[PDB]
Each structure stands twice: as structure tokens, then as C-alpha cells.
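By convention here, the chains are lettered A, B, ... following the listed order of sequence lines. Here chain A follows the PDB entry for its numbers: 741-750, in order, are the residues you see. Quick note: numbers on chain B are straight from the PDB entry, i.e. 526-553, 559-783, in order. Remember, it's 1-based here, ligands and their atoms both numbered in the order they're listed.
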Amino acid sequence: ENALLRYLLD
Amino acid sequence: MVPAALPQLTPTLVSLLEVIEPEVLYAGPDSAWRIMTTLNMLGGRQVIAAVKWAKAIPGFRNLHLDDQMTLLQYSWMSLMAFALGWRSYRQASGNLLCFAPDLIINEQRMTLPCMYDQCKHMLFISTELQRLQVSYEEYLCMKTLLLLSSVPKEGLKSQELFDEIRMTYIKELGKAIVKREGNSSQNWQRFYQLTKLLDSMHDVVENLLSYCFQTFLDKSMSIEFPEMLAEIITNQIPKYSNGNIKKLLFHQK
Ligand SMILES: C[C@@H]1C[C@H]2[C@@H]3CCC4=CC(=O)C=C[C@]4(C)[C@@]3(F)[C@@H](O)C[C@]2(C)[C@@]1(O)C(=O)CO
């Protein structure tokens, strides 16, 4: 769903 | 002539805000439809920089991951619009929106058909920073507060920590004001004024998101958004439209 935001935040 | 060296960090939140603040992005048109797409493409890059910035803010990464994602989704437009107001205010060259050093929108372009109604809201921030003569330190504190200004109605998973973090930056804004060396009475008045300006950002943002969401959704309008922005907006809308976004206010209103 929020793969990009999640990736950036990890 | 001095040697190469990094400036001295001190044990204060504002000294850290200053070091972690991203550098201004360069963008790298006389039709509103084209201008809009260009602004969005810049915006997506500025938002990626903003996510990296938020992860450096003392306390942020200690919040539950869902909390972090929600705060960013709820506040990105506010952070982007406030920074746009700042760059425009610091240009001191009149009513001009300074999206990037190589992308300025002057009075002539701001009045193109379809542009004024959206540019006027962005310009409002600039004229307010100018009217209050906001200092860089005050601006950094206020900008951090915008990241912590819109929450889910049901509360965050890390609510207690969030409340502590928020109070930390409210005090830091107070320290930035005090530092200007006004008297006690001026300090009280200024805290009132800057918190009123923070509250007024909620209304500004409501005007901007209206354009953001409609232009994003109406695929027939052929206004493009980069991937990152598209994903955020896609997730934000449901929360926004369901009335889940609670605006924290300093003043009753
Ligand atoms: C009126 C809205 C608010 C506009 C945004 C206001 C905040 C901002 C500041 C910037 O430095 C770069 C992009 C953004 C983040 C923006 F300017 C572009 O995205 C286009 C934007 C969404 C808008 O013009 C659009 O809806 C056009 O599609």
C-alpha cells in the first residue's frame, strides 16, 4: 500500500 | 581565509534542526496545466527530502512506524507550503513564489487563468512571515511543529511520546522568540502571534489540498504527479475524506 514511504522510513 | 571545518553544534534542539535542514532543491511555462505538473514533479522530490529530514528529528523514529507514516501523510502539504512561504519571503523581491532558485513564479504568471486562486493561498504564508519578521530559528521550530500538528482522531499508537516531543518543540519555539531579546511583554505577544500563524496554516492547507486532491483524482485533467507524491495522496485522501484528520490548535478559534 505505502511501499515507497515505508521503504524510505526503513 | 579560514580552514575547512563544520560549524559547532550545541546541545539545543534548534542547533540540530539547523544542521538537518535539507538543502534547497533546484527544479532543473505559460499554461496553468503545464506549470502545475512541473510544480508536482518538484514537490515529489521535496517530499522525499522531507521524509529523510523527519527521521532525523530527535524523537520521531521512536514513534511507532504507523505513527510516523501517518504524521507525514497528514502534514506533508503543510511542510511544503510553509517552506515555499519561507523561500518566497527571503527573496524580498515582491509578490513572488520562489518554488526553487531556478523556478520563480512572478506576478505575471501568478495571474494567468487558473493560477491566481491557487497561488494566492501560497502567497499568504509568505506575506505573513514577512509581516511578522520571522527569524530563521523561529521558522525551523515552527516547521517542526507543523510535522506534529495533524493527528488521527482516535490518537497515535505512541501518544504519550508524541505529546512529550511536541511539548519539546513548543518550548524551543519559545526559546527562539526569547533569544530575539525583547522584553517579557513582547515575548508573550510574539508567542501569541506565532502560534496564531501556526493555527492559520491549517486553513491554508485545506485550500491547497482541495486543488491537490481534485487535480490528482481527475485523470481527464492530465496533470501529472510523481510516484512518491501519488502514493502519499492515494493514502491520505481516505483519511482526509473520512474526517479522520484532527487539527491540533493553539487557540480555540
Ligand atoms: C494548489 C496545489 C498546492 C501545490 C503545492 C504547494 C506546496 C508545494 C511547494 C513546492 O515547493 C513544490 C510543490 C508543492 C508541493 C506544490 F506547489 C505542487 O505539488 C502543486 C500543488 C499540489 C498545487 O498547485 C496543485 O494542486 C497542482 O496540481
*Report the drug at ligand 1; options are dexamethasone, nemonapride, zenarestat, opicapone.*
dexamethasone
_Mind checking which chain dexamethasone (ligand 1) touches most? I'd like its name from UniProt._
Glucocorticoid receptor
*Which other chains get a heavy atom nearer than 4.0 Å to dexamethasone (ligand 1)?*
B
*Other-chain residues near dexamethasone (ligand 1) (heavy atom, 4.0 Å)*: B:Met566, B:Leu569, B:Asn570, B:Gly573, B:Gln576, B:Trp606, B:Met607, B:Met610, B:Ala611, B:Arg617, B:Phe629, B:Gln648, B:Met652, B:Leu738, B:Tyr741, B:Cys742, B:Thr745, B:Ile753, B:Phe755
*Note the single closest protein heavy atom to atom 27 (C) of dexamethasone (ligand 1), along with its residue, its atom name and the distance in Å.*
B:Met566 CE, 3.3 Å
_Give me the residue, atom name and distance of the protein heavy atom closest to atom 4 (C) of dexamethasone (ligand 1)._
B:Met652 CE, 3.7 Å
*Looking only at protein heavy atoms, which one is nearest to atom 10 (C) of dexamethasone (ligand 1), and how far off is it?*
B:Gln576 OE1, 3.0 Å
*Please determine if B:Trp606 has a nitrogen or oxygen closer than 3.5 Å to a nitrogen or oxygen of dexamethasone (ligand 1).*
no
_With respect to B:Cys742, determine whether any N or O atom, backbone or side chain, lies less than 3.5 Å from an N or O atom of dexamethasone (ligand 1)._
yes
*UniProt domain of chain B with most contacts to dexamethasone (ligand 1)*: NR LBD
*Look at atom 14 (C) of dexamethasone (ligand 1) and say whether a protein heavy atom is found at less than 4.0 angstrom from it.*
no
*What species name appears in the entry as the source of chain B?*
Mus musculus
